[PDB]
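Below is pteridine reductase with pemetrexed bound.
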Amino acid sequence: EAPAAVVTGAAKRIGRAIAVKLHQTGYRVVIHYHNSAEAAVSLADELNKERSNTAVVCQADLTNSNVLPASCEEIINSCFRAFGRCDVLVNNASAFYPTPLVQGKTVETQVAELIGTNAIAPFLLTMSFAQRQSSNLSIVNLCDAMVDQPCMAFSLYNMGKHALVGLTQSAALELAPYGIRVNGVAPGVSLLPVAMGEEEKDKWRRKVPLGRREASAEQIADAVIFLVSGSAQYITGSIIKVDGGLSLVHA
Amino acid sequence: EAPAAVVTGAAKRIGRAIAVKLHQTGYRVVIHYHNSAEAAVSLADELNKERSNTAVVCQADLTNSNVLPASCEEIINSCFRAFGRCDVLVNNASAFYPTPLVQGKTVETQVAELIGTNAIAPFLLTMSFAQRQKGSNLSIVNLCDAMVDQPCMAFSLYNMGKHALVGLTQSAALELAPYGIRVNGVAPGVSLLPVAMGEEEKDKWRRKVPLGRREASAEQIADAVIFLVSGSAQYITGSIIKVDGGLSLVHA
Amino acid sequence: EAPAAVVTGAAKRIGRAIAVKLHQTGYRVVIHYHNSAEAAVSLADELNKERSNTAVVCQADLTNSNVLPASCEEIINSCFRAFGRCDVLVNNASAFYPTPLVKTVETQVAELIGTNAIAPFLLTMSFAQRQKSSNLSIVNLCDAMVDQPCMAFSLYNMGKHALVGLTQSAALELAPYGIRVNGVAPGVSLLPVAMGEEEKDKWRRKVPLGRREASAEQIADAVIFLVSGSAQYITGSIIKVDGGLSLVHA
Amino acid sequence: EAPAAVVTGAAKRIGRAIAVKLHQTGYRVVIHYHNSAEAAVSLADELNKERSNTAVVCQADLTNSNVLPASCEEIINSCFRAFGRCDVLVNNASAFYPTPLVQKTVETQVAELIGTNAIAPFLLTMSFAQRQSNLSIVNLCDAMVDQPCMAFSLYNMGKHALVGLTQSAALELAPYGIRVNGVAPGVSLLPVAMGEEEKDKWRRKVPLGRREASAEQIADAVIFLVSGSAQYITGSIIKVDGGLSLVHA
Ligand SMILES: NC(=O)c1ccc[n+]([C@@H]2O[C@H](COP(=O)([O-])OP(=O)(O)OC[C@H]3O[C@@H](n4cnc5c(N)ncnc54)[C@H](OP(=O)(O)O)[C@@H]3O)[C@@H](O)[C@H]2O)c1
Ligand SMILES: NC(=O)c1ccc[n+]([C@@H]2O[C@H](COP(=O)([O-])OP(=O)(O)OC[C@H]3O[C@@H](n4cnc5c(N)ncnc54)[C@H](OP(=O)(O)O)[C@@H]3O)[C@@H](O)[C@H]2O)c1
Ligand SMILES: NC(=O)c1ccc[n+]([C@@H]2O[C@H](COP(=O)([O-])OP(=O)(O)OC[C@H]3O[C@@H](n4cnc5c(N)ncnc54)[C@H](OP(=O)(O)O)[C@@H]3O)[C@@H](O)[C@H]2O)c1
Ligand SMILES: NC(=O)c1ccc[n+]([C@@H]2O[C@H](COP(=O)([O-])OP(=O)(O)OC[C@H]3O[C@@H](n4cnc5c(N)ncnc54)[C@H](OP(=O)(O)O)[C@@H]3O)[C@@H](O)[C@H]2O)c1
Ligand SMILES: Nc1nc(=O)c2c(CCc3ccc(C(=O)N[C@@H](CCC(=O)O)C(=O)O)cc3)c[nH]c2[nH]1
Ligand SMILES: Nc1nc(=O)c2c(CCc3ccc(C(=O)N[C@@H](CCC(=O)O)C(=O)O)cc3)c[nH]c2[nH]1
Ligand SMILES: Nc1nc(=O)c2c(CCc3ccc(C(=O)N[C@@H](CCC(=O)O)C(=O)O)cc3)c[nH]c2[nH]1
Ligand SMILES: Nc1nc(=O)c2c(CCc3ccc(C(=O)N[C@@H](CCC(=O)O)C(=O)O)cc3)c[nH]c2[nH]1
């Protein structure tokens, strides 16, 4: 029987690349999305055309709130409803925008979105994943190789990604007796934001020692596929940088 | 004019010792508390007996909520009202309890309390501190955890909150450096053990500590805070000083 | 045509498993050894039985000395003379024993810092100087417990910390040549051969994931990943393969 | 009775400021030097004019060699000979120059860079510990050890090894009451041979004040770590870098 995976924020960009690579490896996939319905459905169509009834979409807001635990439970439930099992959880979805400390969304909403998507929803999904469980069960968190060299005015995003390191490690420890491995993949610069001008993209690209270019989405996905594979069966609590050396570069 | 400091969770234990040492160094102090009003006021009475009108109290819940930004602005405002300045912020207050991943409070309440006290309230307090200096030896000290990367079993939300606080310490150091505000951390290993912890369990922890087989006094933690806010640390920002007796170096 | 790899300390244990897995992946191998000639030769004969002319051995002491640069250049040269190319270097060989603060101390320095750090550096130098479709990389065998050191192992621990520095420094400097430099950090894998089972069990019981040590093959699996086409943007990274051991407090 | 300290590489720059501030704090000092004899003697003269018989010089090469253990033992011995005790060791001396991977012999470069930055600190730590209050060791680390400068591999290896020594020795020497810590500058006094434009480039990188640390600011962290206000601190490395290490590329 084929294994099944949940990928959050999987309609586009790195999450799509991860869903596609898992599918190509033989997984059935739940493509979670928030606003990108058309893209999520187009991806699911493509994957089901390759192999019937191996892709479903699942919509949810992962902003923090008192119903977020129920929403996260429902995402995991959606994998069991479609496929009867849930082997892999990939926490990819992420809000990302600056929140300057010195002076439109309220700061409460910014906290809820940035901390919710990058940390609290991963935690709740991890709880629900574990509660529902030869086998090769694992979680992969999308971290940030630059977490200790943060971008200016991104405090809440950075706090969220630091919390996600903590979750990765805490959950690795606590879920190891259940055979559930918990790891991270930490991009440096991969696909730059769609809104970024080409000159700003090239400023980042020129900083990367290995090739002066950003990681492709597929390169990020390659590290996720390794960590979910049998070739990583003793690996838990590890965060693999996929950054071309960027984090090693001084100012 | 004497400088002024805010210390969160200052009625007892490490926060109390930090407030006392700041006051002995010459600071005026805001003693923040949540439930410990009697002890906050007794501390203020002791400090004001030493120097009149140099200590005030301030009550607030630091759980995340719709009112937390306002609550944190009013803590910083209380320092300006009492003393006309706010030179130092010490983010000490902290909720601490296990949150197992597998199975009275709901998980969302636990998120609010553990992430609010350890991370979001420090962030909001940091914002309000800086904004009130938006136009001297100004600094922030965050109480971290030397064991952040060897966490206790079933403490995921606490640990996430302390990891977030490392990120805030570093992010705020970078962003606030142009304003001359330094942002640093002090990371205890084991200091004063929880009052509800059994004597046997306290001794198990003490026996793990390489340096002296004992926990840090609250005063030893406070000594590192005093260093970081002093003129002897004026080039130090974004640094987290472990005060742990070697505990974090000990393998399983 | 087949890529070629150098594996130091490849006659036994984790090095041997790495050499086997690289050979199974299609590499020609140089099996470096110091004292274990019979084991090195038996491995070579096994590999060449699988595919003729795909394995050679190379003897060298990797203790620090005045001759170590020449010894390291000769190891790399042996790969070129055998196979015409050198695509992968795996720095595995390692002296390991306690050196309490309270053999002469200069010999202990030479052996522990030489094998764990200075020979990796010199091999890296020589590897790169010969490279002054391709997928060139270096993998250093690190230690997941490098920041939670074992008592009285200061020189070993210094050597492994230096190896982290080498990994990162060489990743930065060699990136323009397309040479990636990464690490694999075991926690506990194969325990020392003479260690009593009761002592091995003290370690095993500490490992969150399965209460067991890693096989040599599981360590080799991470090396195979890092040298593969699936790791082409990964440089300067150290992958723990430790079952969560480094996360466990005292 | 006044405690005594050994400071390696103490004739000039950061080591000099450390020796001065320890002396001002009440320590007797051994001013170790390699080539800077005139400066070392000058410092000892200055400190002894303030308090007689409180400073001596001690010459040694700290390059790795088969005699380095003997040399390190003799530095510690020189503190006992002068002052009858040795309370503090500051491992400051350091060779620093690039060693490109793609192209002094390489063996000499290994010896100098790994010797001064790592092996000599280890042997001095051994000798300090064996010869034994508030005893401690402070190692001069590098806040940029994980964001290394191009072509500085051997230097960087030495500093990484020094982190390991700091931690290992903290663990092993704790039962003896000897604390072992580090101070990690980012940019402090820039090299004398660095050109002005390059110095200004480094300064402009520093978030906190766009200036390098003074030698005295680095010494201030050393003073803290040797003091009674650090009595529970061991195995800690304090960055004194103005935020430099937090700045991305
Ligand atoms: N791109 C990089 O260079 C880079 C660098 C470092 C780390 N990373 C990490 O790698 C991961 C993927 O990066 P990326 O650039 O592909 O991400 P992205 O495009 O910025 O965001 C991925 C998805 O997150 C979803 N999302 C955002 N807010 C949400 C919310 N409130 N509820 C639910 N889902 C929400 C969005 O789904 P919808 O579109 O359906 O609304 C979005 O498509 C992220 O965790 C990121 O932090 C990326
Ligand atoms: N003790 C240790 O060994 C240790 C180890 C590692 C790190 N640390 C860190 O060092 C700091 C001090 O430790 P500690 O043991 O002294 O702390 P603690 O006694 O556990 O807590 C300090 C104070 O936090 C306040 N607090 C808790 N929840 C709050 C809420 N919802 N709103 C506002 N304030 C709240 C309480 O104030 P009221 O009493 O007024 O309600 C409490 O007295 C903490 O940040 C802790 O994480 C301590
Ligand atoms: N085993 C573990 O649990 C563990 C844990 C953490 C890290 N690691 C690392 O993983 C790697 C492999 O571990 P392992 O246990 O397989 O290693 P090992 O058996 O201790 O040693 C591997 C080989 O190193 C060679 N070696 C030792 N001293 C040498 C010298 N002076 N010159 C040249 N070669 C020398 C020996 O070759 P000959 O036999 O031919 O003389 C030996 O067989 C090492 O780097 C180790 O530090 C292992
Ligand atoms: N300056 C910075 O910005 C900076 C940045 C990061 C870290 N640090 C660290 O802080 C420390 C002090 O830095 P610094 O700039 O003051 O150092 P420095 O001037 O580069 O060197 C200090 C002294 O080291 C001695 N030394 C060099 N090679 C030696 C050898 N073979 N044997 C014995 N002693 C030798 C020299 O003594 P003689 O003059 O007597 O020959 C020299 O004066 C060093 O550990 C350095 O790595 C400094
Ligand atoms: N979820 C998620 N999505 C991403 O795209 C992403 C990245 C991409 C890299 C990146 C880093 C900094 C800025 C940056 O400096 N942004 C500034 C300036 C933008 C500009 O100049 O266009 C901003 O204000 O956004 C913009 C992009 C990192 N982490 C991420 N996480
Ligand atoms: N705010 C705050 N207050 C504190 O008192 C405190 C401490 C004290 C140290 C401490 C450590 C473990 C446990 C503990 O409960 N351990 C678990 C066992 C799990 C484990 O230790 O891995 C227990 O049930 O004993 C309880 C207390 C750390 N961080 C803190 N932050
Ligand atoms: N190269 C290399 N080879 C290895 O085998 C290895 C290991 C194996 C793990 C390990 C850790 C500590 C001790 C330990 O405590 N050893 C003590 C006691 C041994 C015993 O009790 O039998 C020692 O004195 O050797 C022995 C073994 C780590 N790093 C290594 N690097
Ligand atoms: N002992 C010791 N003495 C020092 O003076 C010192 C320093 C000072 C800072 C420093 C930084 C870079 C270069 C430098 O040379 N940079 C190269 C460019 C490479 C790069 O910066 O990545 C150059 O040629 O400038 C030279 C000096 C750091 N560590 C030190 N240790």
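Chain naming is simple here: A for the first sequence line, B for the second, and so on down. Quick note: numbers on chain A are straight from the PDB entry, i.e. 2-104, 113-142, 151-268, in order. Residue numbering for chain B follows the PDB entry, covering 2-104, 113-144, 152-268 in order. Per the PDB entry, chain C residues shown: 2-103, 114-143, 151-268, in order. Here the PDB entry sets the residue numbers for chain D, with the shown residues being 2-104, 114-142, 152-268 in order. These values consider heavy atoms only, across backbone and side chains, with no hydrogens, waters or symmetry-generated copies. Remember, it's 1-based here, ligands and their atoms both numbered in the order they're listed. According to its header, this structure was worked out by X-ray crystallography, 1.1 Å.
- Lab note - all copies counted, pemetrexed located at ligands 5, 6, 7 and 8.
- Other chains with one or more heavy atoms under 4.0 Å from any atom of pemetrexed (ligand 7): C.
- At a heavy-atom cut-off of 4.0 Å, the residues contacting pemetrexed (ligand 7) are C:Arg14, C:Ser95, C:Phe97, C:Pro99, C:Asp161, C:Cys168, C:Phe171, C:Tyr174, C:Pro210, C:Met213, C:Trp221.
- Scanning all protein heavy atoms for the shortest distance to atom 15 (O) of pemetrexed (ligand 7) gives C:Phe171 CE1, 4.3 Å.
- The distance from pemetrexed (ligand 7) to the heavy atoms of C:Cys168 drops below 4.0 Å at these ligand atoms: 12 (C).
- Among protein heavy atoms, atom 20 (C) of pemetrexed (ligand 7) sits closest to C:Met213 CE, 4.0 Å.
- Looking at atom 21 (O) of pemetrexed (ligand 7), its nearest protein heavy atom turns out to be C:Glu217 CG, 4.1 Å.
- At the shortest separation from atom 1 (N) of pemetrexed (ligand 7) among protein heavy atoms lies C:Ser95 OG, 2.9 Å.
- Per the entry, the species of origin for chain C is Trypanosoma brucei brucei.
- At the shortest separation from atom 9 (C) of pemetrexed (ligand 7) among protein heavy atoms lies C:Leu209 CD2, 4.1 Å.
- Which parts of pemetrexed (ligand 7) touch C:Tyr174 is read off a 4.0 Å heavy-atom cut-off, strictly below it: atoms 29 (N), 30 (C), 31 (N).
- The shortest contact between atom 4 (C) of pemetrexed (ligand 7) and any protein heavy atom is with C:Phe97 CD2, 3.8 Å.
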